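The model presented next includes testosterone.
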Amino acid sequence: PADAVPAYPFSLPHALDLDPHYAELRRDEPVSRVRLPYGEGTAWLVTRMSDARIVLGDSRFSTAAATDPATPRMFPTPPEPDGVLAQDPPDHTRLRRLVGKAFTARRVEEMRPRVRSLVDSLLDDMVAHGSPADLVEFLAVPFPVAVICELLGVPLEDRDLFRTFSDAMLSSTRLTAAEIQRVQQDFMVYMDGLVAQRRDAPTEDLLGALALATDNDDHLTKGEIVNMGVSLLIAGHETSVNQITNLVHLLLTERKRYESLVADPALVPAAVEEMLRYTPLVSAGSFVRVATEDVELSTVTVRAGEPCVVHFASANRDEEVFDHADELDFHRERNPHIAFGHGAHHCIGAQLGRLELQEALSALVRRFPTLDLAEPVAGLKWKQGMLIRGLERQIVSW
Ligand code: HEM
Ligand SMILES: C[C@]12CC[C@H]3[C@@H](CCC4=CC(=O)CC[C@@]43C)[C@@H]1CC[C@@H]2O
Ligand code: NA
């Protein structure tokens, strides 16, 4: 009848806790029907790692199909069809070659000197201010912003402008479809004007390459190119901003974790990997994939036409994959998490986010051995109504 399929998300999120329903689903109903907050009909929620790798990793699932306004989705506005996430291979592959060179592990690693220099600079400004201080204001926000503005070639003077835009674009329930469609439109025209400036004066930056491509690639559309600029500018700071605060929260609320990194700072890369695994940065669900053919998952054959949604954080707690999966452990031998997704849409910024997180924690644990949270855990201002989780403020002392 009117379905008794449960609403997803199941609940408003609490700090970085996973809803307890996911462990129940993994063990007893790993693929299950749900109703998403927008779109029509139902979708399969996938909570286990092997199923997640098939949904994310197989041509028989299409994200392009999900651009239909009737397809279930986690966000109010229908997906933009020229957005990178809504492309299927091989069209997706051609689109990613627009920018991909700049994001290889090799080119990102070459940014470490520049990136460390910027971190130290912001922590200089924090030490000037004096303890206590808001870590979000002095580190979590300015640091990513500066990295992505250098790489893209966005002016740092526009931070306030494009952070308003990005916050709205990451709305889950916080903003309505209309408000988000207006911001979408404004961000588009803004990005298009940044790229259009390179047309009489090319720059050695990503926006530079974007502008060369609008002239010399008769297989890429200006809509796709400009949307790539917009996507990179959003994901390129909003993820790491949140993840810096999230990692710091995990470290300070069981100080032993932080103390182990203070004692041994070369453990930081591994810790970053383990906290990526453990942190439900993506608040709930994922970009929907629609089966274009019947596909076998662990417990169910998804029919052609049926949508699916992966919960990344749930797959990252799969007990068949990780030992003591509900525990945070910086000395795991194996960590095949999907905090950065999997398959064709594997995060393009994965190496850059790793670099940023490593340089931010490494600097903290070496310079601020005495760092602690200097506001009550009860009052922490968790962002509400967004597709990702993180803190609006994090006052710390040292
Ligand atoms: C640690 C921080 C980050 C996390 C946890 C993260 C997580 C993810 C995840 C899970 C996906 C897959 C979404 C899906 O397939 O449904 C993804 C895709 C993506 N991420 Fe990231 N990301 C991070 C940092 C970044 C950065 C720094 C950038 C840009 C420089 C970026 C840009 C993207 C883009 C463009 C995609 C879409 C890729 C595609 O469709 O081909 N992300 N990210
Ligand atoms: C930025 C972006 C929208 C927000 C996405 C981001 C990929 C990673 C991610 C995971 C989600 O499930 C939604 C929020 C985010 C953070 C997307 C890449 C392109 C798209 O425009
Ligand atoms: Na979607």
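Positions are given from 1 along the sequence. Just so you know, ligand 1 is whichever comes first in the structure, and atom 1 is the first atom listed for that ligand. Note: hydrogens, waters and symmetry copies are ignored here, and every other heavy atom, side chains too, is used.
To find every copy of testosterone, look at ligand 2. Of all chains here, the one making more contacts with testosterone than any other appears in the PDB entry as Cytochrome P-450.
Using a 4.0 Å heavy-atom cut-off, the binding site of testosterone is formed by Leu85, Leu170, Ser231, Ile234, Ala235, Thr239, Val282, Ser286.
Polar contact with testosterone: present for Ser231 (N/O pair, distance under 3.5 Å). For atom 4 (C) of testosterone, the protein comes within 4.0 Å by at least one heavy atom.
Within a 4.0 Å radius of atom 8 (C) of testosterone, the protein contributes no heavy atom.
Taking a cut-off of under 4.0 Å to the non-hydrogen atoms of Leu170, the atoms of testosterone that pass are 4 (C).
With respect to atom 6 (C) of testosterone, the closest heavy atom belonging to the protein is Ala235 CB, 4.5 Å. Distance check for atom 15 (C) of testosterone: every protein heavy atom is found at 4.0 Å or beyond. Atom 20 (C) of testosterone is approached by the protein to below 4.0 angstrom, counting heavy atoms only. Looking at atom 17 (C) of testosterone, its nearest protein heavy atom turns out to be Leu85 CD1, 3.9 Å. Heavy-atom contacts of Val282 reach the following atoms of testosterone: 10 (C), 11 (C), 12 (O) (cutoff under 4.0 Å).
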